Each structure stands twice: as structure tokens, then as C-alpha cells.
Asker: 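Context: structure of crizotinib in complex with ALK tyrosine kinase receptor.
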Amino acid sequence: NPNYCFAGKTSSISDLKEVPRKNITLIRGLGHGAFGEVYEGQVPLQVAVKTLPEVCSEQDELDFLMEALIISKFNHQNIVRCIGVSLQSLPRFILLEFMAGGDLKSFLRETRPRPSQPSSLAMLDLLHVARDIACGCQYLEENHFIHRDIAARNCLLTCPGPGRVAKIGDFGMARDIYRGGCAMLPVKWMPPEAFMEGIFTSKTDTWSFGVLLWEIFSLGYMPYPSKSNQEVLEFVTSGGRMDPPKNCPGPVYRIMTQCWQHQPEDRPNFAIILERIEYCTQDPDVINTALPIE
Ligand SMILES: C[C@@H](Oc1cc(-c2cnn(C3CCNCC3)c2)cnc1N)c1c(Cl)ccc(F)c1Cl
């Protein structure tokens with residue numbers, strides 16, 4: 001059985017909190033991802049249940065185990081908690097903190113201000129989401145963990161409404177690399193040295209965070225509109241960068257462009273990103289900027 005090391009500690013399958021299967025009830029499907037389903041469940045403690053298909057390979061089993069180990073070892077408010085696992089019954093379960101707001105990409109697209117919902121979201125709401133995820137990324141950075149796939153689709157919200165907290169929720173790329181296909185690489189979130197040399201550092205996540213920022217302030221658009229993966233690879237390698245999202249304040253766009261510096265040594269670490277986001281939240285001209293109404 002595989003081991004996992006995070007910070008200054010090694011953990012094993014035996015360290016996962018096994019929840020008796022009898023104590024777990026499935027309530028509803030949540031839109032089941034790639035390999036395996038996700039359910040809202042109860043243990044009463046409300047959870048999201050990630051399932052492993054009973055029809056899977058040996059490597060699928062180990063991948064599922066590793067994902068459980070990875071998430072169970074984090075301790076930060078902006079990373080989704082693992083309640084426990086049910087690995088001794090089939091299908092195997094990982095039990096996560098239930099984030100009623102769903103994933104960030106879907107939330108942004110569904111919560112875009114509209115003539116019907118005129119003030120569904122404001123600039124400060126967006127800055128608070130960015131700050132939350134940046135605080136999660138800083139925790140990973142200071143613990144030497146490279147996420148490799150920072151993107152809106154991999155972030156979750158505790159709730160739809162005003163008190164929402166954003167958290168990093170998926171660690172599948174990090175799990176794969178820990179031990180594939182070109183077409184499955186998130187190239188639109190990757191810096192030049194990552195997709196060219198396969199070099200990953202904390203500054204990898206900085207670049208990806210810049211792309212997340214664009215997703216957030218565009219309110220859920222796909223990065224590099226109209227461009228394919230190869231077109232983006234060539235665009236970005238040649239120095240090309242995205243334009244500001246519609247109505248994006250200059251101070252916010254400036255953070256994106258600093259995250260997208262060609263040389264990793266020229267990009268900010270997450271402490272600096274957090275400082276700059278906090279300064280944007282203080283600037284009335286930023287937070288008084290109206291978001292576009294679809
Ligand atoms: C594995 C799965 O986990 C969760 C999904 C959800 C979720 C998905 N959809 N919804 C809807 C529930 C009804 N209201 C709208 C959101 C909630 C909540 N908490 C989770 N821990 C998940 C998904 Cl499905 C997508 C992105 C992620 F980063 C993660 Cl980590």
C-alpha cells in the first residue's frame with residue numbers, strides 16, 4: 001500500500017478515517033464528473049461523496065487512494081476538508097465537505113448579473129473569491145505543494161449567497177503527477193516552462209492563478225476565447241497575453257499580467273499576490289466599478 005508525504009510527515013491508507021458504510025446515505029447526484037460519480041450525502045453531517053467505479057483498473061484504485069491521502073493531509077480553511085473515506089465497501093467512497101455553492105466556474109456563469117438579477121454579484125464579491133483561493137495557494141506554496149491545475153472548475157463555494165467562502169477542491173493533476181495525454185493537459189492555464197519543459201514550481205501555480213483571476217473577472221468565460229490549445233501554446237510562447245475582462249479594473253488586470261511574466265522569477269509569490277488583492281479591495285475606484293449586465 002502506497003505512502004504519502006506532506007510537510008514533515010508520512011501517511012498511509014491506515015491513517016485515513018474509515019467511516020462505517022452503514023452510517024452513509026446518498027441523497028442525490030451532483031452531476032458526475034469524468035471517472036466516477038459525485039453525490040450529496042449524509043453521515044447528521046452533510047457531505048459530498050466521490051465514488052470509485054467498481055469497474056476500474058489497479059492504477060485507478062491507487063489514484064483514488066492517493067487523492068484521499070492528499071486531501072486528508074491538508075489543514076487550511078480554503079481547502080475542502082475530507083470528512084473521511086469508506087474504502088472497505090464497494091463502490092469505494094471519499095467523503096468531502098459539502099460545498100453548497102458548487103464549483104466556481106458554474107457559479108460565475110449562473111450568477112452573472114442580469115436584468116432580472118441586477119445586483120447578483122459585485123466587484124468586491126469577486127475580489128473575495130480571488131483572495132480566498134490565493135490564501136489556499138499560499139498555504140500550498142509555503143508547504144511546498146504544487147497544485148498544477150489551479151482553475152475555476154477546480155474551486156468550490158460554501159454557499160451561493162453573500163457569506164460564501166471559496167476553496168480549492170480538486171487535486172487530480174497533483175495526484176497523477178505524484179504517481180495521460182496532451183489533449184487532456186490544461187494548457188490554457190500553464191506557463192511556458194510547464195508545457196515546454198515539464199518544469200513545475202510554485203511559480204507554475206502563480207501563472208495559473210493569473211488565469212483563474214481572468215476567469216473570475218470575466219464571470220466564467222473560457223480563457224483565450226476562440227483559441228485552441230495549440231493556438232494558445234504558440235500565442236503565449238510568443239509573448240501574447242489575454243486582454244482585460246470586460247469592465248476589469250486596471251489594478252486587477254495588473255495582477256494578472258504580473259502572474260503571466262515570461263520568467264518565473266519575475267512572477268509574484270502568493271504573499272505578494274495577496275497583498276495586491278487586498279489593496280484592490282481598499283480602492284474605491286476598483287470596488288465601485290460596475291460589472292457588465294448580460
Ligand atoms: C468532487 C466534487 O465535490 C463537491 C461538489 C459539490 C457540488 C457540485 N454541485 N453542487 C451543486 C449542489 C446544488 N446547488 C448548486 C451546486 C455542489 C460540493 N462540494 C464538493 N466537495 C467536485 C466537483 Cl463536482 C467539481 C469541482 C471540484 F473542485 C470538486 Cl472537489
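Numbering of residues begins at 1 and proceeds along the displayed sequence. Both counts, for ligands and for their atoms, begin at 1 and track the order of listing. Header says: X-ray crystallography, 1.7 Å.
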Asker: Could you tell me the residue and atom name of the protein heavy atom closest to atom 10 (N) of crizotinib, and the distance to it rounded to 0.1 Å?
Answerer: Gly102 CA, 3.8 Å
Asker: Examine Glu97 against crizotinib and note whether any of their N/O atoms are separated by less than 3.5 Å.
Answerer: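 It does: an N or O of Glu97 is found under 3.5 Å from an N or O of crizotinib.
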Asker: Is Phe98 in polar range of crizotinib, meaning some N or O pair under 3.5 Å apart?
Answerer: no
Asker: Does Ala100 have a heavy atom less than 4.0 Å from any atom of crizotinib?
Answerer: yes
Asker: Answer yes or no for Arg153: is there a heavy-atom contact with crizotinib below 4.0 Å?
Answerer: yes
Asker: For atom 19 (N) of crizotinib, what is the nearest protein heavy atom, given as residue, atom name and distance?
Answerer: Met99 N, 2.9 Å
Asker: Return the residue, atom name and 0.1 Å-rounded distance of the protein heavy atom closest to atom 12 (C) of crizotinib.
Answerer: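 Here the closest protein heavy atom is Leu30 CD2, 3.8 Å.
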Asker: Starting from atom 24 (Cl) of crizotinib, locate the nearest protein heavy atom and write down its residue, its atom name and how far away it is, to 0.1 Å.
Answerer: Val38 CG2, 4.2 Å
Asker: Who's closest to atom 22 (C) of crizotinib heavy-atom-wise, of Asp170, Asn154, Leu156?
Answerer: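 Nearest option to atom 22 (C) of crizotinib, by heavy atoms: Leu156.
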Asker: I need the source organism for chain A from the PDB entry - what is it?
Answerer: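 The deposit names Homo sapiens.
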Asker: Please state which protein non-hydrogen atom is closest to atom 4 (C) of crizotinib and give its distance, to 0.1 Å?
Answerer: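 Minimum-distance protein heavy atom for atom 4 (C) of crizotinib reads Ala48 CB, 3.7 Å.
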Asker: To which protein heavy atom is atom 30 (Cl) of crizotinib closest, and what is the distance rounded to 0.1 Å?
Answerer: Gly169 O, 2.9 Å
Asker: Against crizotinib, which UniProt domain of chain A provides the most contacting residues?
Answerer: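 The answer is UniProt domain Protein kinase.
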Asker: So, at a heavy-atom cut-off of 4.0 Å, what does the binding site of crizotinib look like in terms of residues?
Answerer: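 Within 4.0 Å on heavy atoms: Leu30, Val38, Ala48, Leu96, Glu97, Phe98, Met99, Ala100, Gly101, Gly102, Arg153, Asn154, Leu156, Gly169, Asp170.
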